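Here's the structure we're looking at; comments come further down.
In order, the residues displayed for chain A correspond to 4-610 in the PDB entry numbering, which applies throughout. Just so you know, ligand 1 is whichever comes first in the structure, and atom 1 is the first atom listed for that ligand.
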Amino acid sequence: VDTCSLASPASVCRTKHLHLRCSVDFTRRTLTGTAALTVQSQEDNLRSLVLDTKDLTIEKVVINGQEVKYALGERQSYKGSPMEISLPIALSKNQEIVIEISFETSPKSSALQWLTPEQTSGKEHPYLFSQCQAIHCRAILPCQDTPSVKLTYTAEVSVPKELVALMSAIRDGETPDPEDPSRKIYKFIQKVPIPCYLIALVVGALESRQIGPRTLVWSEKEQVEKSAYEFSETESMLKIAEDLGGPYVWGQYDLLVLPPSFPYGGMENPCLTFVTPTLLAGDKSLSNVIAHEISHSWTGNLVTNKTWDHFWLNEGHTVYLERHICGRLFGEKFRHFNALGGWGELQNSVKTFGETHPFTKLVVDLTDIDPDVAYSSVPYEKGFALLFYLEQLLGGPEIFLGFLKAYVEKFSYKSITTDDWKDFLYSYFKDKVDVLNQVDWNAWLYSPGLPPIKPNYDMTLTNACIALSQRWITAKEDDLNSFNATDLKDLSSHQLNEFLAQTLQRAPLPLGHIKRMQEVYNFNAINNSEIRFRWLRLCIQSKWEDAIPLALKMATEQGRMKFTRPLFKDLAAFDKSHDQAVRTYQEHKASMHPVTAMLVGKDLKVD
Ligand SMILES: CC(C)C[C@H](NC(=O)[C@@H](O)[C@H](N)Cc1ccccc1)C(=O)O
Ligand SMILES: Oc1ccc(CCc2cc(O)cc(O)c2)cc1
Ligand SMILES: [Yb+3]
Ligand SMILES: [Yb+3]
Ligand SMILES: [Yb+3]
Ligand SMILES: [Zn+2]
C-alpha cells in the first residue's frame, strides 16, 4: 500500500493514459483545464474510485458525455483532499473508461513556482515551473498520485504567444490558440508509461541551443551560451549510460537550466532533465549532476520504486551508475574518491539525525510523514554503500554491472519493492548465494545508523585533502604563518571541496585560523557553488561576522535547498546573525518556492 496516496490503489484500478488540455494564466497564477484519465478497472463490479488532489478547484467530472457525482473529502494535511467519483455504470475487470475532470489549480500550488518578470533573467516576461516529485502532481491535476501506477500522456498547453511551453515529453508542434490569438498552443507526447511524479511543465521566455545529436539545452537567452559549454559532456555520458544500462528508450535527452529558485540540483523529468543554474561553475566540474539525472533514464524512470518507502532503489542505484559514468570518464581513482566522499556525507546525515533515528534506515515507513520533511542523503549514500559493498563482495565492478543491466531489463516499465530487488539479486547470483547469505540483510535494509560494513576505498585522491585538513585542525597560532597559496597548487576543485568538507566536519575552528585561510587561499573569490557553500558554512560556524552578508546573499540569491537550508540554519544558530536570518527569511518568504519556504520555516521555527 502507498501510504502517501489517498487514491484507489493499483489493485483496484489503474490509470493508463492522461490527456491534459490546459491554459496557463499568469494574471491569476492558475492552470485551468481538463485532465482526461483513461482508467482500467482491476476489479469486478467497480462503481467508484478515488483520486488524489491538493488545493484544486473541481468544476465538473464528465463520463460518457454526462456530468457525474463526485465528492471532495476533508483535507489530510500535506496529502491533500481525496476525490471520490461515482461511476455511472459498474465496470467489469479490465474494462477501460475515460473520465474528464474540469479543474483549476490554486496560486499556492505546492507543485508550482510562479515568477514575476523581476525574478527572471530577461526582466520582461514571467515564468512558471513545476516540481512534482514526490507527491505534488496532485497539486496540479487529479491523479492516482503514486509511483505504483504508470501511464502515458499527451498534452496541449495554451500560453501567452511570446512564451514557450516545454514538458517531460516529445515536442509535438505549436499553433496559434483558436480561442485567443494572443496565445499559442504547444503539444506534447509521452509514449513511454511513466509514474505521474515525472510529469513536468515549464513556461517562460526560453531559447535553445543544440549540444549533441539528441540534446538541446534550454534556458533564458542570457544563460544559453554558458549552459551549452557547462554541459557539453552530456552526449558522452549518454553513450556510457547506454553501454551500462541498455537502450535509451526516451528519444530526446534535453536539458533545462531553471532560474535560481529551482529547489534541487537536478530532476530526471523524462526527455527534459531540469537543473539548477548553480551548476554553472564555468569548468564543467559539477557535471556529475548530469551523469546522475541521465542515469535515472534507467534506474527510476524505467525501473521505478513502488512506494516512497523504497526510494533508495531509485536513488542508490542511480548514484551507483552516476559514479561509474564518472569513473569511465575520469578514471577508477576518481570513482573511489567520490564514493568515499559519499560515505562522508552519510556520516554527516547519521550524525545530524542521530544514530538510532528511523530515517537513517534504508527502508523507511513514511506513514503520516511528509516526504519533503523526511528527504535526506540517507537513501542515496546508504543505498550506494550497500551496492558498493555488494560489488566488492560478488567479484567486482564488471560482474556487478552485469547484474545492474539484467536488473534494468527485468524490471523495465514496472514499479517494484526492496524484496523484488533482493529476490532478483539472489536469482541473478544464484551461484553465489552462500556469499549473499553472509550479508546482514536486516541491518543494511531495516536498522538505523551507519551500515554494518564499510566498503574498501582507494585513497589516492583523498590523501592530500585529509593531510591539509589535519594540518589546519592541529595548527596553533604559531603554525598559521606556514600556510600559503601554494598549498592548493596540486588540488583539483573536487579536492578543494573535499578539503573543506573534511574541515567542516570538525567545525568550529578558531576564528584566527579561518581569517588566515581567507588570507592565504582567498576562498571568498571562488564562485563554484559547492566550494562556496562549504566555505561559508565553515565561516559562519566558526563565528566570523564578515561572512554573514556573504552567507545571507548566497542563501537568498539562489534557492537550491541543499545550500539555502543549511545556510539559513547556520545563520540562525549564530547569535550575531540570528535576528537577520529570520528577518531575511520573513522578507523573502512570499516570493520563495512553496516547498523551500515551508522547510526553511520549520528549520528556523518561524511562522
Ligand atoms: C547528483 C544527485 C545526488 C543530485 C540530486 N538530485 C537528485 O537526486 C534528483 O535525481 C532527484 N529527483 C531530486 C529529488 C528527489 C526527491 C524529490 C524531489 C526531487 C540533487 O542534489 O538535486
Ligand atoms: O521525495 C521523497 C521521497 C522519499 C523520501 C523518503 C526518503 C528517505 C529514505 C530513507 O531510507 C531514509 C531517509 O532519511 C529518507 C523523501 C522524499
Ligand atoms: Yb506529430
Ligand atoms: Yb528467491
Ligand atoms: Yb607551536
Ligand atoms: Zn536522483
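- The largest share of close contacts with ligand 1 comes from the chain named in the PDB entry as Leukotriene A-4 hydrolase.
- The PDB lists the drug found at ligand 1 under the name Bestatin.
- Counting only non-hydrogen atoms, the residues of chain A annotated by UniProt as Zn(2+)-binding that lie closer than 4.0 Å to Bestatin amount to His295, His299, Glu318.
- Looking at atom 6 (N) of Bestatin, its nearest protein heavy atom turns out to be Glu296 OE2, 3.1 Å.
- Checking UniProt active-site residues of chain A against Bestatin, the nearest one by heavy atoms (to 1 Å) is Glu296, 2 Å.
- Using 4.0 Å as the cut-off, the other ligands and ions found near Bestatin are ligand 2 (5-[2-(4-hydroxyphenyl)ethyl]benzene-1,3-diol), ligand 6 (zinc ion).
- Atom 12 (N) of Bestatin has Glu271 OE1, 2.5 Å as its closest protein atom, hydrogens excluded (heavy atom only).
- The backbone and the side chain of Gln136 each have at least one atom closer than 4.0 Å to an atom of Bestatin (non-hydrogen atoms only).
- The overlap between the UniProt peptide-binding residues of chain A and the residues with a heavy atom under 4.0 Å from Bestatin is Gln134, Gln136, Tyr267, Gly268, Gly269, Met270, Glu271, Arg563.
- Those atoms of Bestatin that come under 4.0 Å of a heavy atom in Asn291, given as number and element, are 1 (C).
- The contact set between Bestatin and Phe314, taken as ligand atoms under 4.0 Å from a residue heavy atom, comprises 15 (C), 16 (C).
- Proximity of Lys565 to Bestatin, defined as any heavy-atom pair under 4.0 Å, is not found for any part of the residue.
- Note: no N/O pair closer than 3.5 Å links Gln134 and Bestatin by distance alone.
- In terms of N/O distances under 3.5 Å, Bestatin is approached by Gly269.
- In the entry, the organism recorded for chain A is Homo sapiens.
- Looking from atom 22 (O) of Bestatin to the surrounding protein, the closest heavy atom is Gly268 N, 2.7 Å.
- Less than 4.0 angstrom separates some heavy atom of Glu318 from each of these atoms of Bestatin: 8 (O), 10 (O), 11 (C), 12 (N).
- Nearest to atom 8 (O) of Bestatin among the protein's heavy atoms is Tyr383 OH, 2.8 Å.
- Of all atoms in Bestatin, numbered sequentially from 1 with element shown, those under 4.0 Å from a heavy atom of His299 are 10 (O).
- Considering backbone and side-chain N/O atoms, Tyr267 never comes within less than 3.5 Å of an N/O atom of Bestatin.
- Applying a cut-off of 4.0 Å to heavy atoms, one finds the binding site of Bestatin to be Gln134, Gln136, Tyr267, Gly268, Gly269, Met270, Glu271, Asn291, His295, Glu296, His299, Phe314, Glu318, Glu325, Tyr378, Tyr383, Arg563.
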Please tabulate protein-ligand N/O pairs under 3.5 Å for Bestatin, atom names and distances to 0.1 Å.
unit_1, atom_1, unit_2, atom_2, d
Bestatin, 6 (N), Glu296, OE2, 3.1
Bestatin, 8 (O), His295, NE2, 3.2
Bestatin, 8 (O), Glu318, OE1, 3.4
Bestatin, 8 (O), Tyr383, OH, 2.8
Bestatin, 10 (O), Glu271, OE1, 2.8
Bestatin, 10 (O), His295, NE2, 3.3
Bestatin, 10 (O), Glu296, OE1, 2.5
Bestatin, 10 (O), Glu296, OE2, 3.2
Bestatin, 10 (O), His299, NE2, 3.1
Bestatin, 12 (N), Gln136, OE1, 2.8
Bestatin, 12 (N), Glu271, OE1, 2.5
Bestatin, 22 (O), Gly268, N, 2.7
Bestatin, 22 (O), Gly269, N, 3.2

